[PDB]
Amino acid sequence: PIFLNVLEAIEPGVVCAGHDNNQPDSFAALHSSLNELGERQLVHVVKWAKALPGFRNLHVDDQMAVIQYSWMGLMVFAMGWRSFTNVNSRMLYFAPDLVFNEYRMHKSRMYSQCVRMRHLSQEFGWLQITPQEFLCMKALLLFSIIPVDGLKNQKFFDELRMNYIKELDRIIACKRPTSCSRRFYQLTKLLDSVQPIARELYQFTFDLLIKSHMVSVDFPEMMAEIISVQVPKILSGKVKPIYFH
Ligand SMILES: C[C@]12CCC(=O)C[C@@H]1CC[C@@H]1[C@@H]2CC[C@]2(C)[C@@H](O)CC[C@@H]12
C-alpha cells in the first residue's frame, strides 16, 4: 500500500499555539493566538505538501500557489479531525493549549463560523470516516482551489488531481459496488462542504487584518503576507474552489 504508507508517514504531528491560558479570554488575545497557530501550522503544511506523491511534478510557482489558496481548508479539515478524535467534537481543538468552549466562541466574535466548523467535525463521526479516508480526503483538498485563469501548467495539475481522486476511489473499494458509490458520494459531498466554511473564515481574517491595528490583534509575517496578497484573490473571485457537485 505505497500511497497510504506515504500519507501516514508525512502527516504532521502536534502543533501548540503558545497561548497563555491564564489570560482572560479577550477578542485580541484569542485571535493573536489563533494567528500564531496559523503561522506555525503553515510551516508544517508547506513541508507536508512538498512531500506528497507527485507534488513536485507541478510547476514550482504552482506549488506555492496551491498551498497559498488551500491552507485554510486544509487546516480546518485537520482541526475537525483533531476535535472529533480528542473531545468527540463539542469543543474545537485548535491545539492542545487552545481549545474553544462556547465562551471563547462568543468572545472571538466568530461564533457562527465556529458552529459550522463544529458541524464539519461532527461529520467525521456521523459518516464514520476512517483514518485512511481522512488522509486521502485531506490530500485532495490541496488540489481543490485554483485561479479561474488556470495555473502556470494546468495540465499537470489536472492529472495530479485526477490521480488523487483515483486514490480516494481505491480506498473506498478496498474497504468493501452500490455501497462504494454511496460512500464516494458521501465523501465528495463532505469535501465540497469545506470550501464554503473556508471562504467564511477567509472573509473574517481579511476583515480582521484590515482593522488589526485598532483591535490590538497581531498578525505574524507569513499570515499577513498571504492574507493581503493571496486571500483577496479568493474573495474577489479570481481564485475559486473546484467542487464535485
Ligand atoms: C487556520 C486556523 C489555525 C489552525 C487551525 O487549527 C484552524 C484555524 C481556523 C481559524 C483560523 C486559524 C488561523 C487564524 C485565523 C485566520 C484568524 O485570523 C481568523 C480565523 C483563524
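Residue numbers count from 1 along this sequence. Read the numbers this way: they start at 1 and go in the same order the structure lists the ligands and their atoms.
By contact count, the main macromolecule holding ligand 1 here is known in UniProt as Androgen receptor.
Present at ligand 1 is the drug dihydrotestosterone. When heavy-atom distances to dihydrotestosterone are checked against a 4.0 Å cut-off, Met223 comes that close only through its side chain, counted from C-beta outward. Mapped onto UniProt domains, the residues of chain A touching dihydrotestosterone mostly lie in NR LBD. There are UniProt 17beta-hydroxy-5alpha-androstan-3-one-binding residues of chain A with a non-hydrogen atom under 4.0 Å from dihydrotestosterone, namely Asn35, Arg82, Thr205.
Nearest protein heavy-atom neighbour of atom 15 (C) of dihydrotestosterone: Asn35 OD1, 3.8 Å.
Taxonomically, the PDB assigns the source of chain A to Homo sapiens. Considering backbone and side-chain N/O atoms, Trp71 never comes within less than 3.5 Å of an N/O atom of dihydrotestosterone. Looking at dihydrotestosterone, you'll find an N or O of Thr205 within less than 3.5 Å of one of its N or O atoms. The binding site of dihydrotestosterone (heavy atoms under 4.0 Å) is made of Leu34, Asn35, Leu37, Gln41, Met72, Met75, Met79, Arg82, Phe94, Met110, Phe204, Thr205, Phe219, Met223.
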